[PDB]
Amino acid sequence: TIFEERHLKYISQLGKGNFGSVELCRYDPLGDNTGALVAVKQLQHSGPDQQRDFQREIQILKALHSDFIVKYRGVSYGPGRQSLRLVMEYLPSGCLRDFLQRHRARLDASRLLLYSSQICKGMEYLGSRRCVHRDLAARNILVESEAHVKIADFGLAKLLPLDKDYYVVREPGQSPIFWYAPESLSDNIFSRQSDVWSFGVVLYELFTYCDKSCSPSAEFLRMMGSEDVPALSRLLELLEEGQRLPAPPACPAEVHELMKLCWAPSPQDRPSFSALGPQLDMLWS
Amino acid sequence: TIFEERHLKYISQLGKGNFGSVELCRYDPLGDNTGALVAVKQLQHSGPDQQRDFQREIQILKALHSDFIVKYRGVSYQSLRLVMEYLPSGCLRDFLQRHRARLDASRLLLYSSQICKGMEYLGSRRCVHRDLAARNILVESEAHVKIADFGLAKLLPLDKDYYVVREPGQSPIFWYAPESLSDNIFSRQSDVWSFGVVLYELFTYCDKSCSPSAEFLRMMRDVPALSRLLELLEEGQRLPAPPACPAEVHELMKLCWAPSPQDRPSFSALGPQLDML
Ligand SMILES: NC(=O)c1cnc2[nH]ccc2c1N[C@@H]1[C@@H]2C[C@@H]3C[C@H]1C[C@@](O)(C3)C2
Ligand SMILES: NC(=O)c1cnc2[nH]ccc2c1N[C@@H]1[C@@H]2C[C@@H]3C[C@H]1C[C@@](O)(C3)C2
């Protein structure tokens with residue numbers, strides 16, 4: 001629950017954000033090296049807005065209990081009893097985006113549909129906590145084992161007003177625009193329905209095995225093209241025309257049709273993660 | 001943007017102080033009574049200290065933008081008046097007492113959620129309210145409340161996280177924190193203590209007989225009225241769990257009332273802990 005700074009042995013780095021970083025550590029009080037591996041998030045060179053949002057993240061994660069969401073283990077009040085480090089579980093198999101590219105050969109559609117379903121269940125639970133993840137993408141999905149994946153990176157995650165179902169972000173997005181829904185791009189509006197849009201994209205990522213040559217980045221930039229209008233503005237224009245990501249190579253038709261529903265123009269017309277769950281689970285049987 | 005005195009029709013009094021008063025008016029330049037209502041504040045027989053502070057007050061509130069903080073509207077000028085929006089349902093304390101049958105526990109969480117968010121934003125503007133209490137919260141609609149009364153609200157120095165009031169406040173002792181009561185230290189963490197008391201008010205539906213004052217008074221021979229409370233807060237005594245209060249909210253009030261300000265939760269941490277119940 002409470003992690004002594006001196007017993008967190010640093011090993012190496014897992015990610016370096018713009019205002020923060022995630023370090024792989026071993027919490028080893030006993031010295032014999034049997035202590036558990038943990039991911040530890042902390043801030044660097046950050047202003048007041050980030051420190052405050054970082055404190056929201058810790059509470060949101062502390063409060064999420066699901067097999068399909070990465071585990072909060074504790075916090076550490078750090079060197080000089082001043083700073084703040086967020087301690088989480090370490091999953092050694094790594095992120096899904098990298099895992100699919102490496103082990104592509106030993107993984108068939110069934111296994112891909114298992115992942116999708118676990119993620120969908122995870123996202124259904126986040127809905128139930130009135131929580132919008134806001135950064136759902138293969139790079140933030142972790143692999144617990146070859147048959148278990150988890151959702152991670154709650155940095156952009158936000159709870160809804162208790163009386164409303166949507167939320168507006170005052171400062172616009174910085175994370176890749178290719179997972180963002182149109183109302184998010186045009187108006188910085190976010191919701192469970194917006195997360196449903198992004199889940200369409202992770203299905204695409206999944207069934208393209210995160211192959212870089214047909215990534216959302218890769219595909220949209222080929223459709224947007226270069227012409228000066230900003231890249232955010234022309235993607236939106238592309239999306240309002242009704243243009244979407246194309247059917248992946250060898251994609252099961254009925255999976256591509258579920259994406260299309262995730263990507264409906266109006267948020268009210270996208271299926272809930274509750275509607276999607278069974279639809280994924282009993283696609284073939 | 002700026003209001004004319006001759007177009008401000010006086011209606012009735014909203015509040016009064018030892019050196020200040022607030023008035024309800026319709027700003028009615030067309031003269032046909034279709035103007036908007038406004039709460040208008042000004043000073044009366046005050047000293048230079050009050051006039052100075054009142055300008056600070058105008059300028060802070062002028063620059064606050066939150067759906068949970070009463071909206072500065074403008075000013076009217078020889079002697080200055082602060083014009084604000086008028087919320088017609090009045091303050092929360094009187095509302096909770098009047099409409100308790102109509103309001104369930106879930107909606108008290110919503111008012112809590114919204115006050116915390118207002119206090120979070122005041123925190124980010126490096127600003128301390130000093131008089132957080134239900135008597136200073138306003139009802140915009142049945143599902144929306146707003147913080148008001150920035151009379152005693154002070155901005156923290158740019159390079160420090162606390163403020164010291166050399167001339168202490170005559171306003172009620174029961175909302176104050178132990179460092180306030182003892183050494184006049186005010187801070188964002190002080191505002192957290194008082195939020196704890198605001199929670200108590202909410203979940204007791206601002207019932208008179210079990211007010212913070214009434215309850216703290218019941219928990220106390222004769223010495224000074226102040227130095228009995230501080231001696232009692234430093235023992236460990238706190239306000240009771242209200243009857244119409246969930247367990248986990250009472251735990252948030254006790255955390256809010258930790259002895260050391262450093263141990264008390266931020267409004268940033270509190271928020272989710274309220275919203276996720
Ligand atoms: N609990 C964890 O966060 C975590 C657990 N096991 C891991 N194994 C490899 C990375 C990694 C973790 N964090 C990484 C960090 C945050 C997020 C997710 C990972 C990849 C990313 O790019 C984006 C940087
Ligand atoms: N702009 C306003 O402040 C305001 C707006 N709408 C209102 N409707 C009823 C009172 C009232 C207002 N002021 C009151 C005044 C200051 C403060 C808040 C209110 C109650 C109090 O006791 C403490 C006296």
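We name chains A, B, ... by the order of the sequence lines, and we start the count at 1 in each one. So how was this one determined? The header says X-ray crystallography, 2.7 Å. Whatever order the structure lists them in is the order used to number ligands and atoms, beginning at 1. Hydrogens, waters and symmetry mates play no part in the numbers below; they use all other heavy atoms, side chains included.
At ligand 1, the PDB records name the drug as peficitinib. In this complex, the main macromolecule engaging peficitinib (ligand 1), as named in UniProt, is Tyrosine-protein kinase JAK3.
With heavy atoms closer than 4.0 Å, the chains neighbouring peficitinib (ligand 1) read A.
Lab note: binding site of peficitinib (ligand 1), heavy atoms under 4.0 Å, is A:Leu14, A:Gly15, A:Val22, A:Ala39, A:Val70, A:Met88, A:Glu89, A:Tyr90, A:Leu91, A:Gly94, A:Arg139, A:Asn140, A:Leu142. Of the residues that UniProt lists as binding ATP in chain A, those with a heavy atom under 4.0 Å from peficitinib (ligand 1) are the following: A:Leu14, A:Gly15, A:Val22. Of the residues of chain A touching peficitinib (ligand 1), most belong to the UniProt domain Protein kinase 2. Nearby ligands and ions of peficitinib (ligand 1), counting only those under 4.0 Å: none.
Measured between heavy atoms and rounded to 1 Å, the nearest UniProt active-site residue of chain A to peficitinib (ligand 1) is A:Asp135, 7 Å.
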